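The structure appears right after this line, and notes come after that.
We number each residue from 1, following the sequence as shown. Order of appearance sets the numbers: ligands from 1, and atoms from 1 within every ligand. Values below: all heavy atoms of this structure, side chains included; hydrogens, waters and symmetry mates excluded.
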Amino acid sequence: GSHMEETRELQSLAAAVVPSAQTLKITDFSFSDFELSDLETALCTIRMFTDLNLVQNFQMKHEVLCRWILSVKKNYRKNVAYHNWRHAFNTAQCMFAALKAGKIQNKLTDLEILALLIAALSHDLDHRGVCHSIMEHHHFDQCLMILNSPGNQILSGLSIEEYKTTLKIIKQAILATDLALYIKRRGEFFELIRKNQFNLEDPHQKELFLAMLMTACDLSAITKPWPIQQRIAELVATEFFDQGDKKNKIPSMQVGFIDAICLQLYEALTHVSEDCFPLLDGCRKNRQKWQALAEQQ
Ligand SMILES: CCCc1nc(C)c2c(=O)nc(-c3cc(S(=O)(=O)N4CCN(CC)CC4)ccc3OCC)[nH]n12
């Protein structure tokens, strides 16, 4: 958009009243953004930061937060069917739901939460594309550029060390969305859980969990109510077909993706917190739906 248009958008956002988390429904794991305008996703984002006490705990100026959110949004690579602002926004919303409804908040520090939210919203910036097609390598560089860009520095209130720590976690969180990295480190996570040895007090295990949580939120579309999951799966297919430039196999592949990548993760997450069960439940239900189709409806 033009300079004038971007200015009007910022004006509208900054002056808008931010509805409660309840009104926005961002606490629900089944949340959908289909009917929301970009402005509304921005208000939802502000609410996430607010109810997670980030605005307060880190002294974020309203205007700066609004500007940073809009700067992240407008900077998403255009013409990408799935990995775009909406997916990033949804990843952040799932993170918020997991921290609140999933009750994972009290297990993390304010800096880890700060970093996780920022990474969720920024992880698909500078999307380049590429089975092995779902093995994308993410890029945290643009995330940091925007975070450090004049007028958008929402971490300005952090001490030198808090800032250095936050950036380290942000980098780890973004890289964690690389499925190759998830596949590489998940074995350790699953075994710790299986042997009742999972310990969040252990720095290494805390870091491992944060990476697994990023993956869970990044793939959460697979847990949504059927009609919603069906539409987002179309977006996924469209993105791959756009790179290509078939469909009768989608059902079988969805089941394969769920069985090989998703289910065990949501099952494990449920062990860390039973309240995250909905994600597992939604995933199981979508597997059944896809299996029915695969066996030929
Ligand atoms: C964006 C890529 C990651 C991702 N996120 C979501 C929500 C999805 C999703 O719903 N579906 C896919 C998704 C995953 C695969 S796959 O590469 O894993 N495929 C199935 C498994 N077999 C091995 C047994 C290899 C080939 C294939 C197609 C997919 O989307 C089809 C619409 N990927 N995906």
request  = Match the molecule at ligand 1 to one of sildenafil, vardenafil, raltegravir.
outcome  = vardenafil
query = What does UniProt call the chain that holds vardenafil (ligand 1) with the greatest number of close contacts?
reply = cGMP-specific 3',5'-cyclic phosphodiesterase
Protein heavy-atom partner closest to atom 8 (C) of vardenafil (ligand 1) - residue, atom, separation in Å = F257 CE2, 3.3 Å
message = Give me the nearest non-hydrogen protein atom to atom 25 (C) of vardenafil (ligand 1) as residue plus atom name, then the distance to 0.1 Å.
response = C131 CB, 3.9 Å
ask   = Would a 4.0 Å cut-off, counted as strictly less than, catch a protein heavy atom around atom 34 (N) of vardenafil (ligand 1)?
value = yes
inquiry  = Starting from atom 7 (C) of vardenafil (ligand 1), what is the nearest protein heavy atom, named by residue and atom, and what distance separates them?
reply    = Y82 OH, 3.6 Å
request  = Could you tell me if any non-hydrogen atom of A233 lies under 4.0 Å from any atom of vardenafil (ligand 1)?
outcome  = yes
ask   = How close does the nearest protein non-hydrogen atom get to atom 19 (N) of vardenafil (ligand 1), and which residue and atom is it?
value = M253 CE, 3.7 Å
task = Report the UniProt domain in chain A that accounts for most contacts with vardenafil (ligand 1).
result = PDEase
inquiry  = Could you find the nearest UniProt active-site residue of chain A to vardenafil (ligand 1) and let me know the heavy-atom distance, rounded to 1 Å?
reply    = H83, 3 Å
task = Considering heavy atoms of the protein only, find what lies nearest to atom 1 (C) of vardenafil (ligand 1) and give residue, atom and distance to 0.1 Å.
result = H83 CE1, 3.3 Å
message = Counting non-hydrogen protein atoms only, what is the nearest one to atom 16 (S) of vardenafil (ligand 1)? Give residue, atom name and distance.
response = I134 CD1, 4.2 Å
query = Who's the nearest protein heavy-atom neighbour of atom 13 (C) of vardenafil (ligand 1), and how far?
reply = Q254 OE1, 3.7 Å
key: Element-labelled atoms of vardenafil (ligand 1) that are located less than 4.0 Å from some non-hydrogen atom of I222   = 10 (O)
request  = Would you confirm whether any non-hydrogen atom of the protein falls under 4.0 Å from atom 23 (C) of vardenafil (ligand 1)?
outcome  = no
query = Using a non-hydrogen cut-off of 4.0 Å, what is the binding site of vardenafil (ligand 1)?
reply = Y82, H83, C131, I134, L219, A221, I222, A233, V236, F240, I250, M253, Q254, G256, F257
Where does vardenafil (ligand 1) get N/O contacts under 3.5 Å from the protein, atom by atom?
unit_1: vardenafil (ligand 1); atom_1: 10 (O); unit_2: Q254; atom_2: NE2; d: 3.1
unit_1: vardenafil (ligand 1); atom_1: 11 (N); unit_2: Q254; atom_2: OE1; d: 2.7
unit_1: vardenafil (ligand 1); atom_1: 17 (O); unit_2: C131; atom_2: N; d: 3.4
unit_1: vardenafil (ligand 1); atom_1: 30 (O); unit_2: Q254; atom_2: OE1; d: 3.2

